[PDB]
Amino acid sequence: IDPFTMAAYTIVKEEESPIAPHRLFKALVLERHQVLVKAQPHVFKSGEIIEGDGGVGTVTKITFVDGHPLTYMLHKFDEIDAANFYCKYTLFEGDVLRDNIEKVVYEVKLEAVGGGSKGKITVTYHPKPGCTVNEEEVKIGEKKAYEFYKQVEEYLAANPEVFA
Ligand SMILES: COc1ccc2[nH]cc(CCNC(C)=O)c2c1
Ligand SMILES: COc1ccc2[nH]cc(CCNC(C)=O)c2c1
Ligand code: NA
Ligand code: NA
Ligand code: NA
């Protein structure tokens, strides 16, 4: 990428759901660390806030089960506007970043539409300088994120009290 110092690569996705936005904002953003463990206990050992109160500045730690190739991830809540279902958060540490990635930055913005939602999600990979993004790992991340979203949607539809 010379003469550049660094690069950033972005995926933009738009989605629609029958789940109301405040419920998705909790399940998929603010309490994702908890919900991953509930949804996929054979993959995730634990998910915990290790700094902060659940608003801006929070750091979470998600730990995979010992048998899984991956070990842990740290995310930081960089910006939250909960009234308007906006969050920016960053995956800044963990062996899911492999050798090549410095951080992944996520932006989520939801809106209410009838009894459901629409959302825009923006995922930006920041390779370390001199390193290249691995397309395989990006596509796995995307597929797993989508699968998890669908699991959450199904559970929330079936259990209206959750995150109500
Ligand atoms: C969404 O939940 C899952 C479930 C199973 C999984 N396996 C491996 C990953 C990590 C995927 N990479 C990133 C950057 O997310 C994963 C995530
Ligand atoms: C307890 O709270 C929650 C909250 C959000 C959730 N999403 C998913 C599940 C679990 C069940 N899912 C399956 C079998 O696919 C879940 C539980
Ligand atoms: Na959908
Ligand atoms: Na592991
Ligand atoms: Na992704």
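Residues take their numbers from the sequence shown, with the count starting at 1. Method on record in the header is X-ray crystallography, 1.3 Å. Each ligand, and each atom within it, is numbered from 1 in the order the structure gives. We use all heavy atoms of the structure for the numbers below, so side chains are in, but hydrogens, waters and symmetry mates are not.
At ligand 2, the PDB records name the drug as melatonin. The chain sharing the greatest contact count with melatonin (ligand 2) is, according to the PDB entry, Phenolic oxidative coupling protein. The heavy-atom binding site of melatonin (ligand 2) at 4.0 Å consists of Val35, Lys38, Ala39, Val152, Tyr155.
Here the heavy atom of the protein found nearest to atom 3 (C) of melatonin (ligand 2) is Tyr155 CE2, 3.4 Å. For atom 2 (O) of melatonin (ligand 2), the closest heavy atom belonging to the protein is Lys38 CD, 3.4 Å. Taking a distance limit of 4.0 Å, we find that atom 13 (C) of melatonin (ligand 2) is approached by no protein heavy atom. Within the listing of melatonin (ligand 2), atoms 5 (C), 6 (C) sit less than 4.0 angstrom from a heavy atom of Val35. In the deposited model, no covalent bond links melatonin (ligand 2) to a chain. Put simply, atom 8 (C) of melatonin (ligand 2) has protein non-hydrogen atoms near it, under 4.0 Å away.
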